[PDB]
Undergrad: 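I'm sharing a structure that contains XL413.
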Amino acid sequence: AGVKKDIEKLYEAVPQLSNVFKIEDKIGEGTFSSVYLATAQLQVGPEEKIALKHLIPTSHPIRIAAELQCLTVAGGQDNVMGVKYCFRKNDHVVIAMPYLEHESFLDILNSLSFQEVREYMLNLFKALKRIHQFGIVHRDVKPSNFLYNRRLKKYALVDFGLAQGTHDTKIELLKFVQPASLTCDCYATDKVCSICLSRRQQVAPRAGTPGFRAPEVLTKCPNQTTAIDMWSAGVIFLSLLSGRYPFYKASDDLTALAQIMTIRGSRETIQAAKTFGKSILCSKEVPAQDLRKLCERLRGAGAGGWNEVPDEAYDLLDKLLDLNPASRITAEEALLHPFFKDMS
Amino acid sequence: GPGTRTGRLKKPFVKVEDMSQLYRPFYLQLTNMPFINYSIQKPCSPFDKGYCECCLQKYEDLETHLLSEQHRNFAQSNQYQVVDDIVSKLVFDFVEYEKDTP
Ligand SMILES: O=c1[nH]c([C@@H]2CCCN2)nc2c1oc1ccc(Cl)cc12
Ligand SMILES: [Cl-]
Ligand SMILES: [Zn+2]
Ligand SMILES: [Zn+2]
């Protein structure tokens, strides 16, 4: 009923859709868009299912166009979603893309073989390698933005609506998307004083989703790279290996950081953060967990190839969840990792 | 204490500060810090109004903002030329029906 009214208002907002698509259901929603399943007829092909993405009408034109440019320039290959057409009336923009029938990550998580986990990660890295080659930092890598069809072995990374460009990005439009402080003696202690409390706040990029943000995002590092997407891929992999999703459950950035420190260790996180300009102080030290023991204890070692997960899986996970973004594995490197033996 | 903005953080806490000491630290104080719960059944986690970019304006209610003079002006402006220029390169390949006449 609510979806029914949403659909009616979508045809009203972009009337050309009424003469092309039968809008059937809402299939996804985020902060910046809603996605609908529709049917259409092709001029020179069969009937096709189509995903219609309605962008929030507060989106700046440059942000809308940059998303389209990601889809046209980088998409349509290597497990990256492409674009068929786009319809605009005033501030209402609808992107039409091929529909891929896809699994619920939560529903299939504990009904996946270990080999299907390998194939899923391989195909995620193909998509990330592709977008990173164009200097796209996706920022919102997570299962709901990585469509997976198990039976067809088809995959699609979606949603460039939060992307940022690297300094040398090939997506031109991403380059254009939107009381002096004193030192004090509280530094690296549990103290507060009027000097440090009265400083302006640091602003750094953080568009994304709770539980998938890398430590350098959570701690407001101004210089973020494609490595943040590799962290997010590591979080997906952690969910696959542990059987837990969402793995992290945090309503604010520092709670998310505290959860990461319970997994990867406070001393380890503190040491890595110092390399990117951040001092972290914890009141109580928390040890790093062994990744194999953590995942197997959370998943329950059982049938599926899951009684004999190779060391290479947890080694790759350690490299994706590298607390230091400079050393964190890249997508091109991940495809060469021995975890993927017997697949190339 | 609070009156003089001076003291020590009640534990437990996490404190993050830029190393050059140019920005306000940010803090986390919780009654209970995170604990890895292995007993909760999988797939549960082991840890178990907005802004308009066009108008450069915070709003209290989205639908009222979409009706503001500022936003309607923008929505009908030539500011979407950058979008239209990309759309003009795409190929429309769907069947388009005439509007149905009652
Ligand atoms: O950009 C997308 N975002 C999203 C989600 C929903 C809105 C936030 N990201 N889903 C899709 C998106 O593109 C799609 C193309 C086909 C299909 Cl089946 C689904 C999608
Ligand atoms: Cl002290
Ligand atoms: Zn101070
Ligand atoms: Zn506006």
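Chain lettering follows the listing: the opening sequence line is A, and each later line takes the next letter. In chain A, numbers come from the PDB entry; the residues present are 38-215, 346-471, 534-573, in order. In chain B, numbers come from the PDB entry; the residues present are 207-254, 293-346, in order. These numbers come from the heavy atoms of this one structure, side chains and all, not from hydrogens, waters or symmetry mates. Counting starts at 1 for both ligands and their atoms, in listed order.
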Undergrad: So, about XL413 - where is that in the structure, copies and all?
TA: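 In this structure, XL413 can be found at ligand 1.
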Undergrad: At the binding site of XL413 (ligand 1), which chain contributes the most contacts (name from UniProt)?
TA: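 Largest number of contacts: Cell division cycle 7-related protein kinase.
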Undergrad: Which other chains have one or more heavy atoms under 4.0 Å from any atom of XL413 (ligand 1)?
TA: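 Those reaching under 4.0 Å with a heavy atom: A.
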Undergrad: Considering only the protein, which heavy-atom contact is closest to atom 17 (C) of XL413 (ligand 1), and what is its distance?
TA: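 Of the protein heavy atoms, A:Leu184 CD1, 3.5 Å lies nearest.
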Undergrad: Answer yes or no: does an N/O atom from A:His139 fall short of 3.5 Å to an N/O atom of XL413 (ligand 1)?
TA: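 No, A:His139 has no N/O under 3.5 Å of an N/O on XL413 (ligand 1).
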Undergrad: How far is atom 13 (O) of XL413 (ligand 1) from its nearest protein heavy atom, and which residue and atom is that?
TA: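 Heavy-atom neighbour on the protein nearest atom 13 (O) of XL413 (ligand 1): A:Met134 CE, 3.2 Å.
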Undergrad: Show me which atoms of XL413 (ligand 1) lie under 4.0 Å from any heavy atom of A:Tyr136.
TA: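 So the answer, numbered in order with elements, is 18 (Cl).
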Undergrad: Going by the order shown, which atoms of XL413 (ligand 1) are within less than 4.0 Å of some heavy atom of A:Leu137?
TA: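 Every atom of XL413 (ligand 1) under 4.0 Å from some heavy atom of A:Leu137: 18 (Cl).
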Undergrad: Could you check which UniProt domain of chain A holds most residues near XL413 (ligand 1)? Thanks!
TA: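 Most sit in the UniProt domain Protein kinase.
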Undergrad: For XL413 (ligand 1), find out whether one of its N or O atoms is nearer than 3.5 Å to an N or O atom of A:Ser181.
TA: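 No.
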Undergrad: Quick test: of every protein heavy atom, which one is nearest to atom 5 (C) of XL413 (ligand 1), and how far off is it to 0.1 Å?
TA: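 For atom 5 (C) of XL413 (ligand 1), the nearest protein heavy atom is A:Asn182 OD1, 3.4 Å.
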Undergrad: Closest non-hydrogen protein atom to atom 11 (C) of XL413 (ligand 1), residue and atom name please, with distance?
TA: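 Ranking protein heavy atoms by distance from atom 11 (C) of XL413 (ligand 1), first comes A:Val195 CG2, 3.6 Å.
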Undergrad: Among all protein heavy atoms in this structure, tell me which lies nearest to atom 1 (O) of XL413 (ligand 1), with the distance rounded to 0.1 Å.
TA: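 Answer for atom 1 (O) of XL413 (ligand 1): A:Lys90 NZ, 2.8 Å.
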Undergrad: Using a 4.0 Å cutoff against the non-hydrogen atoms of A:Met118, which atoms of XL413 (ligand 1) qualify?
TA: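 Heavy-atom distances to A:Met118 below 4.0 Å select 15 (C), 16 (C).
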Undergrad: Identify the closest protein heavy atom to atom 7 (C) of XL413 (ligand 1): which residue and atom is it, and at what distance?
TA: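 It is A:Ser70 OG, 3.3 Å.
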Undergrad: Among protein heavy atoms, which sits nearest to atom 8 (C) of XL413 (ligand 1), and what does the distance come to when rounded to 0.1 Å?
TA: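 The closest one turns out to be A:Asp196 OD2, 3.1 Å.
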